[PDB]
**Q** 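Have a look at this one before I ask anything.
Chain letters: A, B, ..., in sequence-line order. The residue numbers of chain A are those assigned by the PDB entry, with the residues present covering 625-635 sequentially. Residues 123-159, 218-420, in that order, are what chain B shows, numbered as in the PDB entry. Both counts, for ligands and for their atoms, begin at 1 and track the order of listing. Recorded method for this deposit: X-ray crystallography, 2.0 Å.
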Amino acid sequence: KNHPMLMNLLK
Amino acid sequence: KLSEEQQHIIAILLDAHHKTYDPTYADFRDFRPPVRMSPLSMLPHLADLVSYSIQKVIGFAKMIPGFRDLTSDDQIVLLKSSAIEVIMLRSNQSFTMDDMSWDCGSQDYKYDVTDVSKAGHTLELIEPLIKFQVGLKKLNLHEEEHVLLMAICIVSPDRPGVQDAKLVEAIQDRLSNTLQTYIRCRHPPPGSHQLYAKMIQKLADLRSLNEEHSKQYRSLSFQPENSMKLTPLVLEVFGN
Ligand SMILES: C=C1/C(=C\C=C2/CCC[C@]3(C)[C@@H]([C@H](C)CCCC(C)(C)O)CC[C@@H]23)C[C@@H](O)C[C@@H]1O
């Protein structure tokens, strides 16, 4: 929900 | 008995920690320099340290068996709420009761109460943080128990914003039973006495430390000039 950087580091 | 699967789980978490915690602290040189003179003189440096550590905490969580089975959203909520707690936990490895500081290999990167204070925090957080470090150190955990505790901390069902709490709880239960069984079969007495319950109590201490940190963080970050010295990842993870 608007967490670009967390989501990218998790992928 | 410690089943093969439970031993596999411990093996995975040990390796995951190995790949995400550098005991040589070589990367600290990349951070903005620590200034120990001056208000918030340690904020740029410790903001960087924390930002670097959030990245490492994320890499660790990705290798937690089952964690990848969660939805992107639940992964995100679990990390947002647990990140500061796992950083407090993982930092025990560099904390030393010799002088109650976090000792990262050199004087420049040795942090005490007044450093944390010069990062914008107060004794209301700092004192119980040290008492936490001290009581964790006193458990003298096996590294196996250390990584299991971090993993259990990350996959907690009651975190705000969780969607599939049933599945979060199922993953945690696997790690919890792995820990309970490890202690019985591998931690000899007297060190094992109530050790599980003491470790779970530390997870409660962490919730309390999380709550206070968030409060002092909101006060710190509410000032645009302070929030300016943070990093983009810290603003996204800890809030902005
Ligand atoms: C990070 C790590 C380390 C120490 C942790 C510390 C010492 C300094 C003060 C810190 C960073 C505490 C502060 C309350 C956090 C302030 C953060 C902020 C200003 C953004 O609100 C939390 C844990 C403490 C060193 C090493 O163990 C790696 C670990 O990974």
**Q** Can you identify which of calcitriol, varespladib, samuraciclib, rivaroxaban, zopolrestat is positioned at ligand 1?
**A** calcitriol
**Q** Mind checking which chain calcitriol (ligand 1) touches most? I'd like its name from UniProt.
**A**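 The largest contact count goes to Vitamin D3 receptor.
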**Q** Which other polymer chains sit within a heavy-atom distance below 4.0 Å of calcitriol (ligand 1)?
**A**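 Counting heavy atoms only, the answer is B.
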**Q** Please write down residue, atom name and distance for the protein heavy atom closest to atom 12 (C) of calcitriol (ligand 1).
**A**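 Nearest neighbour among protein heavy atoms for atom 12 (C) of calcitriol (ligand 1), to 0.1 Å: B:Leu309 CD2, 4.0 Å.
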**Q** Tell me whether B:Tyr397 has any N or O atom under 3.5 angstrom from an N or O of calcitriol (ligand 1).
**A** no
**Q** Among B:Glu392, B:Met222, B:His301, B:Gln273, whose heavy atom sits nearest atom 16 (C) of calcitriol (ligand 1)?
**A**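 That would be B:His301.
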**Q** Please list every residue in chain B that UniProt marks as binding calcitriol and that has a heavy atom under 4.0 Å from calcitriol (ligand 1).
**A** B:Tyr143, B:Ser233, B:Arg270, B:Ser274, B:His301, B:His393
**Q** When you measure from atom 3 (C) of calcitriol (ligand 1) to each heavy atom in B:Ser407, B:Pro224, B:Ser271, which option holds the nearest one?
**A**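 Of the listed residues, B:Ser271 has the closest heavy atom.
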**Q** What UniProt domain of chain B accounts for the bulk of residues touching calcitriol (ligand 1)?
**A**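 Most sit in the UniProt domain NR LBD.
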**Q** Nearest heavy atom to atom 21 (O) of calcitriol (ligand 1) wins, so pick from B:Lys236, B:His393, B:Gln235.
**A**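 It is B:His393 that holds the nearest heavy atom.
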**Q** Listed by chain and number, which residues of other chains have a heavy atom closer than 4.0 Å to any atom of calcitriol (ligand 1)?
**A** B:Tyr143, B:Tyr147, B:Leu223, B:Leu229, B:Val230, B:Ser233, B:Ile267, B:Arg270, B:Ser271, B:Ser274, B:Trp282, B:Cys284, B:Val296, B:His301, B:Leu305, B:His393, B:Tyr397, B:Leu400
